[PDB]
> 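Hi! Got a PDB file here: tiazofurin bound to Nicotinamide riboside kinase 1.
In this chain, residues are counted from 1 in sequence order. Per deposition record, X-ray crystallography, 1.8 Å. Read the numbers this way: they start at 1 and go in the same order the structure lists the ligands and their atoms. No hydrogens, no waters, no symmetry mates; every other heavy atom, side chains included, goes into these values.
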Amino acid sequence: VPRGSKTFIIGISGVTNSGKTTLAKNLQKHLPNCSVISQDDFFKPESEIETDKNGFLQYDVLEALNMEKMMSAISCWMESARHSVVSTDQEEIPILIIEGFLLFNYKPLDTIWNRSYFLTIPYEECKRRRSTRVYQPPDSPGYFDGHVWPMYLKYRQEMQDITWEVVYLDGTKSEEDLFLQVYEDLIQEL
Ligand SMILES: NC(=O)c1csc([C@@H]2O[C@H](CO)[C@@H](O)[C@H]2O)n1
Ligand SMILES: [Cl-]
């Protein structure tokens, strides 16, 4: 059976400010032939972002994201992955980590995940962390309570009846703690 077509695809989702990109990067440092795609690279331009009744910009929903372009990026990785291991005797399986706040309610990718991790942090600490970061445009006062958190709760309710298993993680753990936990799980799946 010809080699070169197999891949191992990891999803890392979770609430805003939970250390998803950092975890992706720490995993990539310790995994061979591993790439990372970030969902935050695929937001539509502000002119395509809608507002709600209260005039909050609707960023924390799939309609804010060019998910067709994200799929194209994934497909580009897959094509590269097929050429990433030179042919010889008889497998070294290329790894992709896809990380983002809103991955597990996107139905076209429901069968892509070979492993799925989901970073959780409770309301108060999440709110605190969110306030330490600067966004473009900057968070309006009341944005977290008015949009970010309600939309997270909607996502979590969208995930209550999902068709694959997700490993939920405590995002208040240190970066190294999270890395070791995930690595420990992942290396048994590879
Ligand atoms: N324009 C943007 O990229 C943007 C504006 S707000 C924002 C936040 O990004 C988070 C996901 O990483 C999500 O909670 C958005 O409110 N992104
Ligand atoms: Cl070859």
> In what form does the model contain tiazofurin: which ligands or which chains?
ligand 1
> Binding site of tiazofurin (ligand 1): which residues fall under 4.0 Å, heavy atoms only?
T16, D40, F43, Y59, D60, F101, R130, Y135, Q136, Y143
> Below the 3.5 angstrom mark, is there an N/O of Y143, backbone or side chain, next to an N/O of tiazofurin (ligand 1)?
no
> Which UniProt Mg(2+)-binding residues of chain A, if any, have a heavy atom under 4.0 Å from tiazofurin (ligand 1)?
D40
> Which UniProt active-site residue of chain A is in closest heavy-atom proximity to tiazofurin (ligand 1), and what distance, to 1 Å, separates them?
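Heavy-atom nearest UniProt active-site residue: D40, 3 Å.
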> Give me the UniProt-annotated ATP-binding residues in chain A that sit with a heavy atom under 4.0 Å from tiazofurin (ligand 1).
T16, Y135
> Is there at least one pair of N or O atoms, one from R130 and one from tiazofurin (ligand 1), spaced under 3.5 Å apart?
yes
> What atoms of tiazofurin (ligand 1) come within less than 4.0 Å of a heavy atom belonging to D60?
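Taking each heavy atom of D60 in turn, tiazofurin (ligand 1) has 13 (C), 14 (O), 15 (C), 16 (O) under 4.0 Å.
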